[PDB]
*Asks:* 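Okay, handing you the structure first.
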Amino acid sequence: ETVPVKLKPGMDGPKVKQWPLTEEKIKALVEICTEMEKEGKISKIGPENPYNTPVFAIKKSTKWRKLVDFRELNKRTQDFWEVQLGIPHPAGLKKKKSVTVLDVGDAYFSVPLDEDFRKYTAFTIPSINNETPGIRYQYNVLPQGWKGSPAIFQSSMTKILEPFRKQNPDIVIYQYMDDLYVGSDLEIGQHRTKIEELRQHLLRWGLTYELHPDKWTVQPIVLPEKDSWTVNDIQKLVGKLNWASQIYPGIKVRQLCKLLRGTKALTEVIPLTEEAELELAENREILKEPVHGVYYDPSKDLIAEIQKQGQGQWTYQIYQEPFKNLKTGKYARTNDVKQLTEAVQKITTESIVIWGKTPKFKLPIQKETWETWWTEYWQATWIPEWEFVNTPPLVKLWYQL
Amino acid sequence: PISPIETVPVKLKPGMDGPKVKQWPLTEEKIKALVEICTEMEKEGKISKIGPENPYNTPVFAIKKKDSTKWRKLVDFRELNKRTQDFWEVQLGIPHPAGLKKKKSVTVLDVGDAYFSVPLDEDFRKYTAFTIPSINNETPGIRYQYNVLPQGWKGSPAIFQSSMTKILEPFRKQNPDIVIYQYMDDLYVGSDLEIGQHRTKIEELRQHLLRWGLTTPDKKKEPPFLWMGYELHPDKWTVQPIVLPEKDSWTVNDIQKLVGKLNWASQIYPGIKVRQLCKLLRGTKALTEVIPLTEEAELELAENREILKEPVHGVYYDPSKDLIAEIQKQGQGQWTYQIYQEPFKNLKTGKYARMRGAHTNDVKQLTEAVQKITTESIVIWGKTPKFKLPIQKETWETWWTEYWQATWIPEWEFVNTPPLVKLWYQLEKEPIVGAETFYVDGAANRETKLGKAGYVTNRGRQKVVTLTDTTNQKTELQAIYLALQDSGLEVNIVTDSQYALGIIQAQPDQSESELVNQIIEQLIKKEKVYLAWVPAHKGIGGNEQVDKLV
Ligand SMILES: Cc1cc(C#N)cc(C)c1Oc1nc(Nc2ccc(C#N)cc2)nc(N)c1Br
């Protein structure tokens with residue numbers, strides 16, 4: 001028996017154009033969809049269904065997997081999956097020694113989708129050179145990728161997990177989209193043993209990598225320590241503190257720029273003052289800690305900014321109001337797009353663990369370039385929202401490591 | 001016939017109700033034509049006559065077909081249409097010839113009375129009710145509703161195309177070696193069979209079509225086939241013949257049309273240019289208005305006419321070979337490219353001319369062109385080409401690393417086809433010892449638009465100039481230009497304009513701003529330039545001493 005699903009009032013379903021796909025991905029999607037069809041998961045639809053949602057194929061492991069981009073649908077169903085029922089995020093998760101991520105997307109394939117909602121899940125497999133009409137389907141069952149699916153399966157999921165949760169009260173299990181997040185403070189061997197145990201419960205209802213949220217620490221704005229200092233060195237120093245001043249209460253610059261008096265050659269060396277010596281010492285003491293005055297507001301979107309730092313290094317900040325950093329970090333270790341892609345999934349994962357929310361990303365790249373390529377490296381079953389921006393070149397400098 | 005295929009379920013938009021428009025009284029001879037037409041339609045099942053009950057109605061009119069004395073039946077579905085649900089887009093996107101494969105035999109079948117051959121959702125038919133008015137409106141009219149897809153109704157193209165697709169399925173599946181493209185009421189069929197086995201296959205197709213309600217006129221050309229602006233032959237293709245007029249005088253209208261034809265020819269004729277012609281179209285002039293061709297436009301026109309004189313063709317796609325794409329810098333901001341699998345038999349060619357921003361360099365543009373060509377390739381062939389680019393590997397990787405945006409291009413090779421794309425200057429990475437430090441600053445007054453731009457150096461030089469109707473951002477550019485023209489071959493420059501710094505550290509080699517181009521020519525002449533930023537009004541030494549003087 002299905003659950004009635006309503007869109008947000010005044011909104012019609014998604015009408016998003018299908019991205020062009022390479023031969024191999026189209027082939028993989030035909031294969032997969034031919035099978036899902038024979039099994040009743042999806043059915044062919046006619047032209048009286050106007051809606052559309054993009055699909056892609058990704059490579060998990062060498063095996064093609066279908067990925068449906070439900071970002072619009074999720075946005076237009078938001079009232080339903082967020083505030084009717086809806087899934088509480090546990091504050092305890094981010095505190096565990098180990099969190100394991102388990103894909104449980106298969107669970108939705110066994111639950112019928114409300115007959116009147118199915119048409120909104122329409123997608124199209126395109127053909128090369130537009131030589132034939134796209135192949136068109138909609139869903140008969142809870143689709144992977146739709147925020148409605150975990151909302152609806154919620155009740156079943158806690159029945160499946162009750163025994164295991166009751167037997168291990170110190171383990172935190174949180175569901176987000178297609179994934180289960182499982183956190184304990186057990187030793188890593190005992191932790192893995194418990195994941196196996198959990199897998200076995202899962203397996204009775206039809207479900208056949210590791211994070212360490214502690215080892216997540218801030219990436220402070222760092223103030224160089226230096227042998228000697230040039231005027232240029234001081235000016236960079238003053239600008240980085242000047243900008244930190246926008247974020248951190250208590251930052252002081254006065255007796256530091258006292259050094260930069262008159263008009264001096266950039267390369268001239270200037271000795272360090274008693275005064276100044278204490279400042280950057282105390283500013284460093286300040287930059288080490290979390291921002292005083294900044295708190296997460298659950299009614300607001302999270303934003304993530306990323307900067308390309310060079311040599312395979314990337315810096316990022318997560319805030320809700322610009323400059324009010326909830327968290328800062330870096331990613332490292334050469335295809336630019338591949339690395340950015342990895343960084344986005346990493347940042348999205350931490351954000352899920354910490355707030356139970358995905359950020360909207362400001363990506364330092366060309367719209368057209370990102371869209372061509374991100375598919376090649378994407379490995380998650382969710383997709384965050386993103387826009388494209390030109391990194392203010394100074395912001396890059398002030399977050400360098 | 002009327003196809004035995006299932007109907008497509010149709011509804012009206014959720015708030016709305018069916019049309020209820022009143023019929024305009026008609027001329028006596030239009031009424032007569034309408035009765036004739038409708039009587040014939042009704043005998044073929046296309047329409048059925050109704051009586052109220054049925055509360056709906058939509059106006060019918062009738063026009064005399066050209067001079068040739070036939071009447072056509074017009075229905076005006078405006079109101080039914082505004083009230084009908086949206087449908088999926090028929091098929092957005094049409095094939096490019098460069099993407100087609102070669103065929104030995106091709107034939108074009110057209111479907112007779114296509115829309116009237118497809119049944120309409122039984123439940124929806126009432127909303128198509130119309131009325132032939134009596135003479136001078138004096139007695140009740142004759143009322144009909146459609147049983148088939150009406151011409152002019154919103155749902156017809158989409159439902160017809162979906163019907164044809166369902167009907168073609170089994171035949172496509174049983175005949176994987178033959179290919180069929182659908183468009184509107186035409187079918188385009190091609191095979192690698194010899195005329196005999198092929199004509200036999202055509203007949204099985206027609207037979208299969210007719211089994212499903214769709215007639216296709218019998219067995220009465222050869223290549224070339226004119227198709228969608230193109231000329232198709234069995235193993236090659238070109239655009240349909242382009243004729244550029246000779247005129248002493250060109251209207252805005254004539255030039256628009258010429259640019260359109262040239263743009264169309266650029267799909268297969270290498271190196272067509274329209275930059276100079278397009279500049280003529282700049283401004284706000286009337287269509288009938290005559291525009292003197294500038295000298296460059298007049299030469300560009302010539303250059304193109306020289307390219308167009310003898311025909312060129314493209315070849316078709318062989319799925320077993322790589323695609324090679326080559327790009328050349330043409331004019332300024334102009335890029336041209338060719339795609340082939342065997343040198344130099346182009347499957348097609350193209351132009352790229354877009355400007356992303358006010359300031360760019362050749363490396364950035366080349367990358368954008370590569371991006372546009374990659375997407376075109378996904379669409380046409382389902383894979384990306386191997387590129388051949390007039391840029392050195394060392395140049396590319398020097399740009400990519402030092403630039404703050406992420407980028408990436410697929411497999412490519414250097415090819416020495418000048419002009420080569422180069423970075424024309426590099427900014428120093430560290431302050432230059434022994435180079436004069438210019439502390440610059442510009443600032444404008446908001447309501448006066450009057451500005452000052454100037455500098456102080458560590459060597460004691462100073463200078464301020466006045467600027468008229470300027471902005472704050474221009475004066476900051478002016479200050480930097482000032483420092484460049486008054487300094488030696490090596491110079492450190494300290495600004496407080498993130499704006500100015502953003503532009504210049506991006507390393508532009510071309511701009512829409514004249515000022516910025518001046519700064520650029522100046523940057524190329526230097527031997528070393530180091531650009532630094534400081535926070536303004538933060539009392540920084542050199543800053544608040546050239547800020548105080550400006
Ligand atoms: C059969 C056909 C005819 C015309 C038309 N008109 C236009 C189109 C889009 C066609 O479809 C296809 N044609 C070809 N090659 C082809 C080769 C030679 C000629 C010739 N002469 C025409 C088409 N390859 C396909 N995959 C498809 Br699908």
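Just so we're on the same page: letters track the sequence lines, and every chain starts at 1. Order of appearance sets the numbers: ligands from 1, and atoms from 1 within every ligand. Side chains included, hydrogens not; waters and symmetry mates left out as well; all remaining heavy atoms used.
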*Asks:* Which one of tedizolid, zidebactam, etravirine, trotabresib was assigned to ligand 1?
*Replies:* etravirine
*Asks:* Which bound partner of etravirine (ligand 1) is the main one by contact count, according to the PDB entry?
*Replies:* p66 Reverse transcriptase
*Asks:* Counting non-hydrogen atoms only, which other chains lie under 4.0 Å from etravirine (ligand 1)?
*Replies:* A, B
*Asks:* Report the part of B/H233 in contact with etravirine (ligand 1), treating N, CA, C, O as backbone and CB onward as side chain, heavy atoms under 4.0 Å; options are side chain, backbone, both, neither.
*Replies:* backbone
*Asks:* Quick one: what's the source organism for chain B in the PDB entry?
*Replies:* Hiv-1 m:b_hxb2r
*Asks:* Within the 4.0 Å heavy-atom shell around B/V189, which atoms of etravirine (ligand 1) are there?
*Replies:* 1 (C)
*Asks:* Does B/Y230 have a non-hydrogen atom less than 4.0 Å from etravirine (ligand 1)?
*Replies:* no
*Asks:* Taking a cutoff of less than 4.0 Å between a non-hydrogen atom of the residue and any ligand atom, is B/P224 in contact with etravirine (ligand 1)?
*Replies:* no
*Asks:* Of all the atoms in etravirine (ligand 1), which lie at a distance below 4.0 Å from a heavy atom belonging to B/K101?
*Replies:* 14 (C), 15 (N), 16 (C), 17 (C), 24 (N)
*Asks:* What name does the deposit give to chain A?
*Replies:* p51 Reverse transcriptase
*Asks:* So for etravirine (ligand 1), is B/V179 a polar contact partner (N or O within less than 3.5 Å, distance only)?
*Replies:* no
*Asks:* Show me which atoms of etravirine (ligand 1) lie under 4.0 Å from any heavy atom of B/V106.
*Replies:* 1 (C), 3 (C), 19 (C), 20 (C), 22 (C)
*Asks:* Hey, which atoms in etravirine (ligand 1) end up nearer than 4.0 Å to a heavy atom of B/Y316?
*Replies:* 17 (C), 18 (C), 19 (C)
*Asks:* Would you mind listing which atoms of etravirine (ligand 1) come within a distance below 4.0 Å of any non-hydrogen atom of A/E131?
*Replies:* 26 (N), 28 (Br)
*Asks:* With heavy-atom distances below 4.0 Å as the criterion, list the atoms of etravirine (ligand 1) near B/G190.
*Replies:* 1 (C)
*Asks:* Define the binding site of etravirine (ligand 1) at 4.0 Å using heavy atoms, by chain and number.
*Replies:* A/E131, B/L100, B/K101, B/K103, B/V106, B/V179, B/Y181, B/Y188, B/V189, B/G190, B/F225, B/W227, B/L232, B/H233, B/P234, B/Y316
